[PDB]
**Q** 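First, the structure itself, so that you have it in front of you.
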Amino acid sequence: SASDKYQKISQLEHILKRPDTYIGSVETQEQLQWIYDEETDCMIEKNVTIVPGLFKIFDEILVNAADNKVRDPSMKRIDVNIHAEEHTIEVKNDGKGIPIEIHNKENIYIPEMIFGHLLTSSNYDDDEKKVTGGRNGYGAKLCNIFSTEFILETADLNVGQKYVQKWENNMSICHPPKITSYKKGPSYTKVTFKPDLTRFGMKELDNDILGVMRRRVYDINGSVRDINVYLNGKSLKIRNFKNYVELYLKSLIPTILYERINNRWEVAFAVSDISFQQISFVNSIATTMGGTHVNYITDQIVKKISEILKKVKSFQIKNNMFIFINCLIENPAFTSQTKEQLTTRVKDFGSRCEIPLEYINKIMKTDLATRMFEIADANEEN
Amino acid sequence: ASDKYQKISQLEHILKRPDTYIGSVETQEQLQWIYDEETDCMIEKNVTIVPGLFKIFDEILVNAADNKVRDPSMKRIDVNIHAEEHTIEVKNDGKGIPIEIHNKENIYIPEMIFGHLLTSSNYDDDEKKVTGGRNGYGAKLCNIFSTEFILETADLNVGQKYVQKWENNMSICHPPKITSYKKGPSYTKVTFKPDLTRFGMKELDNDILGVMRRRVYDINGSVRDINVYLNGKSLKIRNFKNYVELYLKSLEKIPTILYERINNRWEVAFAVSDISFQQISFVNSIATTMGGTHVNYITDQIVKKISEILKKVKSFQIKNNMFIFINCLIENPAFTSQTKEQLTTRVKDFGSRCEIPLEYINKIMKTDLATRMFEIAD
Ligand SMILES: Nc1ncnc2c1ncn2[C@@H]1O[C@H](COP(=O)(O)OP(=O)(O)NP(=O)(O)O)[C@@H](O)[C@H]1O
Ligand SMILES: Nc1ncnc2c1ncn2[C@@H]1O[C@H](COP(=O)(O)OP(=O)(O)NP(=O)(O)O)[C@@H](O)[C@H]1O
Ligand SMILES: C[C@@H](CN1CC(=O)NC(=O)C1)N1CC(=O)NC(=O)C1
Ligand SMILES: [Mg+2]
Ligand SMILES: [Mg+2]
């Protein structure tokens with residue numbers, strides 16, 4: 001039947017039917033993932049089985065909180081509470097909350113608009129060059145859509161009110177907001193959600209997902225300047241990106257060479273054991289598939305090393321490198337909503353990052369150089 | 001606050017933020033293969049092209065190839081590129097689009113599936129399908145990025161012909177012209193004029209024309225039992241081995257290419273790479289230029305065995321001497337994005353397996369790859 005064969009569906013129906021291009025796979029995946037080990041106080045690489053979409057909806061909320069540091073530089077604190085037994089996750093940030101006002105076009109409260117309707121954002125005017133992670137106006141709604149319960153709480157000092165709004169059943173139930181007088185306290189936003197574990201094929205939050213979620217909170221402390229992050233009330237202790245990269249020290253002439261190149265670029269280098277490795281952040285987004293920023297940095301290092309060597313194949317140099325990058329890119333573009341891979345051309349970054357000769361010279365003091373010299377005179381022998 | 005926060009439509013968002021739908025609408029400097037007509041072979045060239053423009057064309061091509069999955073009686077695809085008039089025509093035979101009013105939507109079906117987002121015949125995954133179409137965007141994405149978009153189709157069930165024109169990024173939809181058709185065969189024809197200025201272009205230059213043309217050779221290579229015509233010329237690629245062999249001259253510049261059909265859903269070819277790892281792969285006729293799980297599945301098998309042989313050197317040394325070609329069929333595939341450049345489907349969900357025979361890996365151990373690896377080892 002022609003009418004049965006050709007189907008039209010709503011955008012909301014499509015998201016639930018086909019999560020992949022919105023939040024990534026809802027099937028279990030075997031992955032090698034970095035985990036923060038509390039018994040040894042360091043990052044360890046572990047074979048885990050996780051559902052990427054579940055990890056992603058958490059990440060969407062985390063990155064929104066980090067984005068608030070950009071809009072409000074006075075923001076000091078992010079709290080992440082994971083209540084595994086209760087299947088609830090809370091992310092709270094201080095600094096400016098959400099305006100408690102009726103939108104003069106949409107005729108609803110702004111928090112209801114931007115957490116309860118697709119395609120809503122403060123990031124749609126690209127005349128402003130912004131270094132927020134937020135771009136498309138989907139993130140928070142995707143979390144809501146994949147939650148059985150989703151609660152937004154915010155306090156607005158301009159009106160002196162607190163606003164609490166609950167959605168249920170994959171954003172399909174939207175309860176009216178509870179608005180109360182709020183005097184003589186700080187602004188903040190708190191997002192609480194209970195992921196719809198049925199849609200992720202799970203019955204509980206297991207040790208693998210909790211492990212990667214917790215590490216992602218370390219990432220946030222590592223990548224966002226001048227904030228204090230707490231996990232279930234406990235300080236993560238690290239204060240900057242250098243401290244973050246140092247958590248990898250045990251698993252990795254200094255082992256780690258770190259440099260802030262400018263106010264938008266920090267780079268660290270270590271020698272890799274097996275092959276090319278990268279850990280990179282764009283506006284606090286974890287770019288696990290790398291992209292133009294990673295290639296920009298590594299190409300430079302490879303080119304400069306190669307030139308010193310010729311005075312070997314490029315993949316030979318590259319694959320002895322473990323690179324860490326924390327960068328701020330203007331109005332970035334990615335291959336997908338998950339933002340695993342940056343596609344912004346270098347000329348559109350809004351900044352440059354030239355790696356200085358002094359840094360390259362320091363790399364030439366590491367095992368990387370020894371390994372390349374071996375390849376080199378073997379190539380001469382033949 | 002009201003000005004700080006905005007709600008936009010799906011259609012506004014696509015034009016505002018094309019990247020997750022069709023890829024970048026900015027120029028990209030790329031190494032790309034093109035078919036050199038004078039030498040009758042593939043040549044690697046530095047080009048500057050806008051991926052989104054290449055992609056809207058690819059959406060229409062793969063749709064035509066999908067019609068061969070749906071109707072195995074289909075025999076030909078015609079592509080006509082009219083560079084001067086920036087017009088592109090893609091015609092296939094076999095079953096057309098049903099000229100019926102939809103039960104629910106109350107409009108003609110072709111209007112529905114070419115002129116409204118989120119419309120598809122691929123939404124029911126109870127059926128295990130080997131089409132490339134998955135999400136119900138591709139054809140609409142082409143329409144949206146066109147100044148003018150024309151669907152022509154004829155169905156023999158009703159004995160009619162249906163012609164409908166959209167304009168101005170799909171915003172103008174003209175009523176269909178439906179006429180009596182007792183004439184020849186069923187067919188569908190899509191004619192569009194890309195909104196070139198939206199891609200920052202004045203005209204279809206030689207770079208984009210070269211990759212568009214190569215992509216048509218790709219289709220002939222990856223899809224069996226069809227004739228493919230480009231601007232009137234029969235391409236006549238016999239099979240996937242013939243397609244791979246188009247790369248022979250540039251690679252040759254112990255056979256140069258080792259080809260094997262593994263089974264009915266998997267074909268692989270191998271050549272030695274001079275600079276780094278290279279792959280050309282297709283999943284259900286989609287060009288998976290960013291690879292993914294199928295490429296990893298094949299290369300891991302090869303690298304793992306060669307590693308054991310050398311052990312009797314790091315895995316990256318082996319992999320970076322490989323040029324792999326893969327043509328495969330995957331059930332209900334999943335990708336990272338609408339552009340379908342990277343497959344994410346797990347091997348266990350493929351619908352088939354591809355165990356590379358040890359004698360094939362033995363043939364690989366006769367090439368320059370082994371000589372190079374043994375010099376690192378010994
Ligand atoms: N913790 C927060 N504090 C302040 N504003 C927030 C917070 N979380 C979300 N927002 C606002 O809500 C809007 C919607 O969030 P979101 O759905 O994630 O879209 P986005 O961040 O703009 N883009 P994207 O994440 O790429 O889909 C954002 O644009 C912010 O303006
Ligand atoms: N040349 C064609 N012949 C027959 N049917 C077609 C043709 N092109 C498109 N269709 C039909 O039109 C629908 C819409 O096409 P399209 O927008 O490209 O979606 P899709 O191919 O199903 N999914 P996707 O391409 O992944 O976004 C398809 O599902 C097909 O049923
Ligand atoms: C790519 C688009 C959604 N996508 C669904 C799909 O399967 N194909 C499309 O073209 C549209 N995306 C949704 C989202 O979460 N964020 C965006 O920016 C647009
Ligand atoms: Mg966001
Ligand atoms: Mg399609």
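Every chain is numbered from 1, with letters handed out A, B, ... down the list of sequences. Every number for a ligand or one of its atoms is a count from 1 in the order of the listing. When the header is checked for method, it gives X-ray crystallography, 1.9 Å. Atoms considered below: every heavy atom in the structure, side chains included; atoms not considered: hydrogens, waters and symmetry mates.
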**Q** Name, as the PDB entry does, the macromolecule that ligand 3 contacts most in this entry.
**A** DNA topoisomerase II
**Q** Which option, BIIB021, ICRF-187, PHA-793887, matches the molecule at ligand 3?
**A** ICRF-187
**Q** Mind listing the other chains that have a non-hydrogen atom under 4.0 Å from ICRF-187 (ligand 3)?
**A** A, B
**Q** Should B:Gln338 be counted as touching ICRF-187 (ligand 3), given the test is an N or O pair under 3.5 Å?
**A**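 There is such a contact, yes.
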**Q** Can you sort out which atoms of ICRF-187 (ligand 3) are near B:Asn135, meaning under 4.0 Å from one of its heavy atoms?
**A**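 The list of qualifying atoms is 7 (O).
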**Q** Please work out which of B:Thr20, A:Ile23, A:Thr335, A:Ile145 has its closest non-hydrogen atom nearest to atom 19 (C) of ICRF-187 (ligand 3).
**A**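 Heavy atom nearest to atom 19 (C) of ICRF-187 (ligand 3) belongs to B:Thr20.
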**Q** Which of the listed options, B:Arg17, A:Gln11, B:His13, holds the heavy atom that is closest to atom 18 (O) of ICRF-187 (ligand 3)?
**A**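 Considering heavy atoms of B:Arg17, A:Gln11, B:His13, the nearest to atom 18 (O) of ICRF-187 (ligand 3) sits in B:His13.
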**Q** If you take the residues UniProt annotates as binding ATP in chain B, which of them have a heavy atom under 4.0 Å from ICRF-187 (ligand 3)?
**A**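 Going by heavy atoms, UniProt's ATP residues within reach: B:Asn135, B:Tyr137, B:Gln338.
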**Q** Any idea what organism chain B is from, going by the entry?
**A**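 According to the deposit, it's Saccharomyces cerevisiae.
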**Q** Give the residue, atom name and distance (to 0.1 Å) of the protein heavy atom nearest atom 2 (C) of ICRF-187 (ligand 3).
**A**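 For this ligand atom, the closest protein heavy atom is B:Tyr21 CE2, 3.7 Å.
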**Q** Which residues from the surrounding chains have any heavy atom less than 4.0 Å away from ICRF-187 (ligand 3)?
**A**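 On a heavy-atom basis, the binding site is A:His14, A:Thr21, A:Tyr22, A:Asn136, A:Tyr138, A:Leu142, A:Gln337, B:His13, B:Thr20, B:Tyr21, B:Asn135, B:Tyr137, B:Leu141, B:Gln338.
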